[PDB]
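The following structure: tacrolimus with Ubiquitin-like protein SMT3,Peptidyl-prolyl cis-trans isomerase.
This chain uses plain numbering: 1 for the first residue, then up along the sequence. Below, all heavy atoms of this structure are taken into account, side chains as well, without hydrogens, waters or symmetry copies. As the structure lists them, so they are numbered: ligands from 1, and atoms in each ligand from 1.
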Amino acid sequence: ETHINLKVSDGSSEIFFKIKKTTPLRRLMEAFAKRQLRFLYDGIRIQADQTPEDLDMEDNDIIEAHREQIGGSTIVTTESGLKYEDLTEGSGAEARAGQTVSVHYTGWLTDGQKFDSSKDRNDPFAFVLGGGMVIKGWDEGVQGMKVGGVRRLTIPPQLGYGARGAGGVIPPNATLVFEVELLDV
Ligand SMILES: C=CC[C@@H]1/C=C(\C)C[C@H](C)C[C@H](OC)[C@H]2O[C@@](O)(C(=O)C(=O)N3CCCC[C@H]3C(=O)O[C@H](/C(C)=C/[C@@H]3CC[C@@H](O)[C@H](OC)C3)[C@H](C)[C@@H](O)CC1=O)[C@H](C)C[C@@H]2OC
């Protein structure tokens with residue numbers, strides 16, 4: 001009765017935070033940020049010193065967490081059907097085919113489950129870009145990234161694993177969401 005659960009959606013996954021209706025939303029923001037900013041509720045910017053009571057929130061209301069660049073972002077759909085969104089631009093020469101890139105990544109399914117993260121093995125992933133050493137959506141989507149950049153790829157099944165799936169948990173005909181952080185070239 002005195003507590004409320006709030007669903008925070010950042011464009012990759014949904015994470016819930018339960019807090020007392022009189023706890024400042026600062027606690028939710030900090031907890032979210034610590035996991036890895038602009039939070040919106042019904043399109044209005046949440047201030048840290050505001051409580052759920054102040055904003056007339058109800059259980060399981062949704063908060064949008066915006067981790068992208070100040071000024072906003074866009075989701076690009078290319079000729080292949082790949083979608084990508086530059087959350088952070090970074091700076092440097094753009095990644096080109098033939099370069100060996102080192103990244104951190106996290107992947108999620110449509111059902112919201114996280115299926116992998118290179119951060120969970122604490123182990124950067126490196127590959128020759130444009131070599132067919134990764135799924136098609138990665139060969140296309142990592143091209144153009146710059147060091148320090150964070151790009152979110154929404155990969156349709158034809159640019160992923162199609163009707164086969166992979167890794168046990170990626171089912172047939174799955175759209176995949178990856179966040180890729182370019183560490184080095
Ligand atoms: C010699 C082989 C071992 C070699 C393994 C590694 C270097 C370790 C490396 C961190 C992979 C992870 O190991 C913990 C793990 O990564 C996933 O969890 C994952 O997030 C994923 O989807 N990734 C990984 C990150 C790049 C994008 C994508 C991928 O393209 O991965 C590629 C992939 C699976 C391509 C298939 C290959 C078969 C084709 O038929 C299919 O064609 C559509 C495409 C990987 C990099 C392969 O090129 C190389 C390998 O496989 C898979 C769900 C399962 C996979 O474990 C196996």
Exercise for the section: Please check atom 43 (C) of tacrolimus (ligand 1) for a protein heavy-atom neighbour under 4.0 Å. Expected result: yes
Handout entry: atom 50 (C) of tacrolimus (ligand 1) protein-contacted (non-hydrogen atom, under 4.0 angstrom)
Key = no
Handout entry: Contact check, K136 vs tacrolimus (ligand 1), heavy-atom distance below 4.0 Å
Key = no
Exercise for the section: For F115, counting its heavy atoms only, list the atoms of tacrolimus (ligand 1) lying under 4.0 Å from any of them. Expected result: 20 (O)
Exercise for the section: Select one of side chain, backbone, both or neither to describe which atoms of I135 lie under 4.0 Å from any atom of tacrolimus (ligand 1), heavy atoms only. Expected result: both
Problem - Selection from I170, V180, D120, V103 by shortest heavy-atom distance to atom 53 (C) of tacrolimus (ligand 1) - result: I170
Exercise for the section: Identify the covalent link of tacrolimus (ligand 1) to a chain by residue and atom. Expected result: none
Problem - Per atom 33 (C) of tacrolimus (ligand 1), closest listed option by heavy atom (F127, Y161, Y105) - result: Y161
Exercise for the section: Starting from atom 45 (C) of tacrolimus (ligand 1), locate the nearest protein heavy atom and write down its residue, its atom name and how far away it is, to 0.1 Å. Expected result: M133 O, 4.1 Å
Exercise for the section: Tell me which protein heavy atom sits closest to atom 9 (C) of tacrolimus (ligand 1), plus the residue, atom name and distance to 0.1 Å. Expected result: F125 CE1, 4.2 Å
Exercise for the section: Considering only protein heavy atoms, determine whether one is less than 4.0 Å from atom 16 (O) of tacrolimus (ligand 1). Expected result: yes
Problem - Residues within 4.0 Å of tacrolimus (ligand 1) (heavy atoms) - result: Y105, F115, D116, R121, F125, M133, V134, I135, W138, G160, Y161, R164, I170, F178
